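Depicted below, chlortetracycline in association with Tetracycline repressor protein class D.
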There are 2 protein chains.
Amino acid sequence: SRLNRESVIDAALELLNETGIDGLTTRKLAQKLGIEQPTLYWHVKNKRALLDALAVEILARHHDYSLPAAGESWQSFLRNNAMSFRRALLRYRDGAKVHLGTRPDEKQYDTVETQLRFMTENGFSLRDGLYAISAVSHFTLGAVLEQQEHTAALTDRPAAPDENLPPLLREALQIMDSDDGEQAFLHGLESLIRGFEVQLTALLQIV
Amino acid sequence: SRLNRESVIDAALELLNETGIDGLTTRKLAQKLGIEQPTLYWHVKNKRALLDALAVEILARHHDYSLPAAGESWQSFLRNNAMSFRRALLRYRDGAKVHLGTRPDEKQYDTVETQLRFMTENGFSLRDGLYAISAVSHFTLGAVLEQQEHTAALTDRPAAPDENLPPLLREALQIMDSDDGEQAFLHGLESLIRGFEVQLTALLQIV
Ligand SMILES: CN(C)[C@@H]1C(O)=C(C(N)=O)C(=O)[C@@]2(O)C(O)=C3C(=O)c4c(O)ccc(Cl)c4[C@@](C)(O)[C@H]3C[C@@H]12
Ligand SMILES: CN(C)[C@@H]1C(O)=C(C(N)=O)C(=O)[C@@]2(O)C(O)=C3C(=O)c4c(O)ccc(Cl)c4[C@@](C)(O)[C@H]3C[C@@H]12
Ligand SMILES: [Cl-]
Ligand SMILES: [Cl-]
Ligand SMILES: [Cl-]
Ligand SMILES: [Cl-]
Ligand SMILES: [Cl-]
Ligand SMILES: [Cl-]
Ligand code: NI
Ligand code: NI
């Protein structure tokens, strides 16, 4: 196989879809690529370095809404950015777990600087803007992680007795399982944005 | 060692603090307890069953604010409940990762039924109430997971060059690292609650 960076990342992503993050080993990546391990080591020093790389590439390839359009409202940008982030995390098995614990890579520096600058231009202090942005990121990841781990653990876990369930919980579980979490996610996103908006527009009023 | 359920859970929790969730094996739990594996197997069939159990016990022991006080506002309850959930998740190394993908256990059924009933009593439809509650849970877990995995991965990961950082990102990173994520978390929580409140009070107005 070719072993440029781009090839290795392709094979690692496919492998991730087949095995999830705990099955994503250096030994299995070597087998997928048709090489011995010492050969892989020249290219990929360890699991951490691979995962860091994957975290960036997943967004570089599938996170299309990383920047505000010309004249777009801050509220609209957060909306579009959260939905793009969610789609990119959901594209790969354990995608959100691959993101977790990263911080912006050099390759994302200008992107992430512009996001923060754009909030300050719309009235936010840096710290308030950052808190808004972070809250969107946290909420989005928590929702995707719950969905994805729920899915992967509902194989190991046997049944769920619809018999001794109390009535609202029974109904809540039907609701929750009726889609991919998308509606719950979108409803929450709107709440979060409006909340911010109240905060910003208050200024020094007690609110 | 004694091998009642409570003992096994104690030793598993200590082990979790020492090794994190990926180091929490059946073989190491046997060593900690001074027994052979076949002995442990009689008591604990697999890693999944152990983790499910841990997820419940962590909350049973440290999540004190699971129910509304007498006459407490819905907004106040969500606030107190989110802060209690966060504290309980943060008490153990990888605690939030141990929660992830679970769903309410029989032992929590009445607790979780009362939470949902209490929201419907305050004006929420069941589905709106559930969405609010879920958004709090998701946001809380995302914040705790980012904190905790950031911490555990900032050992494997070498430095972060304060040199070529753009100015707002440099400052945002100083801000973020200034505490445990608590302030960012609390600020976001308030936004989320106010958002809900706008939604509820709108009824059928366009809002
Ligand atoms: C999902 N969205 C809000 C953000 C986004 O669109 C990103 C992107 N590359 O386009 C991010 O890197 C983000 O998805 C992302 O991952 C960010 C993030 O990790 C982060 C951390 O950990 C620490 C400090 C900062 Cl300043 C950031 C931060 C704010 O830049 C966020 C940005 C989000
Ligand atoms: C953090 N807090 C909001 C909740 C809470 O206090 C719980 C608790 N046992 O006291 C939960 O189990 C929760 O922390 C928790 O874990 C819940 C949760 O997993 C969940 C899932 O997965 C599916 C359906 C339902 Cl109806 C629930 C659910 C709403 O009951 C939540 C409740 C939250
Ligand atoms: Cl080739
Ligand atoms: Cl090559
Ligand atoms: Cl500029
Ligand atoms: Cl003993
Ligand atoms: Cl015993
Ligand atoms: Cl009742
Ligand atoms: Ni991130
Ligand atoms: Ni849960």
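Chains: lettered A, B, ... by order of sequence lines. Following the PDB entry, chain A shows residues 2-208, kept in their order. Here chain B follows the PDB entry, giving residues 2-208 in order. Method on record in the header is X-ray crystallography, 2.2 Å. Atoms within each ligand, like the ligands themselves, are counted from 1 in listed order. Reckoned from all heavy atoms, side chains included, excluding hydrogens, waters and symmetry mates.
Here, the model contains chlortetracycline as ligands 1 and 2. Other chains in heavy-atom contact with chlortetracycline (ligand 2) below 4.0 Å, by letter: A, B.
The heavy-atom binding site of chlortetracycline (ligand 2) at 4.0 Å consists of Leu170(A), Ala173(A), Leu174(A), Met177(A), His64(B), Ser67(B), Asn82(B), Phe86(B), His100(B), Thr103(B), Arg104(B), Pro105(B), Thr112(B), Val113(B), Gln116(B), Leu131(B), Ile134(B), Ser138(B). In this structure, atom 21 (C) of chlortetracycline (ligand 2) has protein heavy atoms in its sub-4.0 angstrom surroundings. Remark: chlortetracycline (ligand 2) and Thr112(B) share no N or O pair separated by less than 3.5 Å (distance only, no angle test). Residue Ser67(B) places no N or O, backbone or side chain, under 3.5 Å from any N or O of chlortetracycline (ligand 2).
The shortest contact between atom 33 (C) of chlortetracycline (ligand 2) and any protein heavy atom is with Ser138(B) OG, 3.6 Å. Nearest protein heavy-atom contact of atom 15 (C) of chlortetracycline (ligand 2) is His100(B) NE2, 4.0 Å. Chlortetracycline (ligand 2) has no nitrogen or oxygen under 3.5 angstrom from a nitrogen or oxygen of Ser135(B). Note: other ligands/ions under 4.0 Å from chlortetracycline (ligand 2) - ligand 10 (nickel (II) ion).
Protein heavy atom closest to atom 28 (C) of chlortetracycline (ligand 2), with residue, atom name and distance, is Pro105(B) CG, 4.2 Å. Closest to atom 23 (C) of chlortetracycline (ligand 2), if we only count protein heavy atoms, is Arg104(B) CD, 3.6 Å.
The shortest N or O to N or O distance between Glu147(A) and chlortetracycline (ligand 2) is not below 3.5 Å.
Within a heavy-atom distance under 4.0 Å, chlortetracycline (ligand 2) reaches the following UniProt tetracycline-binding residues of chain B: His64(B), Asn82(B). Checked against UniProt, the Mg(2+)-binding residues of chain B with a heavy atom under 4.0 Å from chlortetracycline (ligand 2) turn out to be: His100(B).
The entry names the source of chain B as Escherichia coli.
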Check each N or O atom of chlortetracycline (ligand 2) against all protein N or O atoms and list the pairs under 3.5 Å, with atom names and distances to 0.1 Å, one per line.
residue, atom, partner, partner atom, Å
chlortetracycline (ligand 2), 2 (N), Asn82(B), OD1, 2.6
chlortetracycline (ligand 2), 6 (O), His64(B), NE2, 2.8
chlortetracycline (ligand 2), 6 (O), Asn82(B), OD1, 3.3
chlortetracycline (ligand 2), 6 (O), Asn82(B), ND2, 2.7
chlortetracycline (ligand 2), 6 (O), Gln116(B), NE2, 3.0
chlortetracycline (ligand 2), 10 (O), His64(B), NE2, 3.2
chlortetracycline (ligand 2), 10 (O), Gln116(B), NE2, 3.3
chlortetracycline (ligand 2), 16 (O), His100(B), NE2, 2.8

